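Notes for the one structure printed next.
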Amino acid sequence: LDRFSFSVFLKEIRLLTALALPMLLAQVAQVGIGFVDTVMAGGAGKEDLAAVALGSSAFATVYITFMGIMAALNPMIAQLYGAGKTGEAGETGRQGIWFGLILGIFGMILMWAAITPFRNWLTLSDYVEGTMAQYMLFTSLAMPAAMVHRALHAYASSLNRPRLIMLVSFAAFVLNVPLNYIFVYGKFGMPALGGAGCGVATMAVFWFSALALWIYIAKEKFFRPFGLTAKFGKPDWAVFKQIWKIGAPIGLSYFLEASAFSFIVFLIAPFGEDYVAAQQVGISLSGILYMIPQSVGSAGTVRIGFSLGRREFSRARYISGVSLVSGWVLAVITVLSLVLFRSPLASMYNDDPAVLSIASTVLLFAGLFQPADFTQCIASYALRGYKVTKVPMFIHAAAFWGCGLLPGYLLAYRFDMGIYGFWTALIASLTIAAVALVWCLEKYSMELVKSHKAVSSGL
Amino acid sequence: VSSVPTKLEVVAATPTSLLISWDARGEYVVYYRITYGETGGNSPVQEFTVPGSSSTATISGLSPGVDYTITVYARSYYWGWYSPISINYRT
Ligand SMILES: COc1ccc(CCN(C)CCC[C@@](C#N)(c2ccc(OC)c(OC)c2)C(C)C)cc1OC
């Protein structure tokens with residue numbers, strides 16, 4: 001009962017120069033989809049019933065879920081980048097890009113359809129020239145989801161190595177959304193005002209990033225076999241059925257924060273809804289510098305599952321620590337420059353909707369959860385990142401939601417200034433991964449004892 | 001005068017049977033053989049045999065999980081034998 005977690009620190013020898021730092025440039029580009037969202041957010045302010053984002057919100061819902069499913073090939077194609085058939089990774093790449101449709105379609109279809117019931121039983125709302133005019137720009141704001149998957153399937157074939165293009169066609173992305181979002185929300189000659197021609201406009205440029213994929217077979221050697229990518233053999237086509245047990249439980253695990261939804265916003269309004277609701281400059285600026293962080297494991301992820309295929313066993317699972325903690329560096333250094341500062345109401349030209357009279361009982365989980373999970377899921381993003389590992393990550397989060405039961409009404413059930421009160425066993429749900437998760441990672445890190453079935457050959 | 005095939009890799013098994021995916025970087029004017037004994041020398045030796053870059057294959061794993069010691073064989077231009085490398089890790 002003392003240490004059922006064996007070798008503690010010894011995810012280590014002398015690795016100091018593990019330059020997993022194209023991984024940064026998975027979130028140097030991935031800041032791109034940050035640095036669009038808020039152009040559309042801070043442009044459709046020239047309409048004040050441009051709370052558009054009300055759609056652009058519960059859109060991400062079915063993108064980011066299904067994006068899980070798709071973030072799933074980040075091993076697939078590294079695992080076989082320890083191979084040679086970049087076309088037998090390709091036949092998969094194609095097979096997913098096909099999938100990339102398929103789902104994107106069937107997803108954007110749920111949107112495409114279901115949407116309407118934005119009014120049911122304990123339910124409804126009615127500024128009609130507002131997002132009712134834009135529930136018809138939920139649709140346009142939706143009709144990429146077919147093409148976005150195919151164009152996030154994009155970075156799943158960045159896996160490999162060259163992450164350069166992703167950086168380009170996202171620096172050549174907010175190249176556009178300004179341009180196109182004005183022209184299509186307003187300044188015509190000729191497409192005047194589908195005013196929330198952000199959703200109309202954004203959706204445009206997916207298709208543009210989409211064939212910012214296509215336009216990068218150009219670079220080196222092929223990953224092109226999209227001749228009628230097909231599905232069938234037995235009951236149903238694998239390298240597709242394969243993509244299932246990886247995909248699924250990362251979306252259904254992205255259903256974590258997809259209920260850090262019903263929580264992060266639900267007791268933002270008791271009888272006290274003031275800066276309690278304003279834990280969005282709280283937990284929106286939580287999310288902002290959370291990506292550059294965590295997104296590196298969703299980038300570490302390659303460096304591993306590939307460096308498994310290249311048969312470098314744990315000559316890589318014992319980098320899945322030297323990454324873990326090279327960001328664990330930043331885990332602290334910017335929780336430091338987190339609780340430290342407060343000036344979210346930057347007074348330059350103006351803000352988006354976050355305004356001046358508020359207390360900063362928010363810097364109080366700029367600590368709590370901020371360094372103590374900075375890491376805690378980039379665990380999986382290397383468990384999957386390496387391995388099968390999200391079959392019990394799905395179930396990693398069987399607690400990270402279902403242990404927030406009263407850690408939901410635990411801000412509202414208090415003894416002190418409990419604003420981070422249900423940030424209870426949800427910043428302690430959140431640190432039951434520094435066990436549960438990485439504790440698993442030095443245990444299955446140590447199947448590279450089981451699988452490295454012969455330490456050292458002749459010379 | 002040289003060295004072996006080179007690398008040392010059974011990964012594991014389908015319990016009864018086992019993987020054997022070793023260094024064979026290309027082939028030569030080549031051929032392989034793998035020994036198929038355990039580690040007593042009692043239950044005799046057996047000879048799988050293969051060609052291309054193909055030390056990277058697998059067995060017909062016959063019994064439970066006893067200690068099995070299994071060699072692979074180089075062969076090249078002079079119809080003779082680079083050097084064997086060998087290993088025993090059994091289930
Ligand atoms: C996935 O949900 C989201 C997460 C973060 C953001 C970024 C927030 N932006 C800085 C915009 C300002 C925040 C704001 C809006 N829009 C907003 C924040 C959080 C919200 O609940 C999730 C919200 O309701 C949709 C609106 C203000 C007006 C209340 C938007 C999101 O969807 C709109």
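Just so it is clear: chains get the letters A, B, ... in the order the sequence lines come, proteins before strands, and each one is counted from 1. Order of listing sets the numbers, starting from 1, for every ligand and every atom in it. Both backbone and side-chain heavy atoms feed into the values below; hydrogens, waters and symmetry mates do not.
What sits at ligand 1 is the drug verapamil.
The main binding partner of verapamil (ligand 1) here is, in the terms of the PDB entry, protein C. Those other chains that come under 4.0 Å from verapamil (ligand 1), heavy atoms only, are A. Within 4.0 Å of verapamil (ligand 1), judged by non-hydrogen atoms, the site holds A:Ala53, A:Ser57, A:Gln280, A:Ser284, A:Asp352, A:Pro353.
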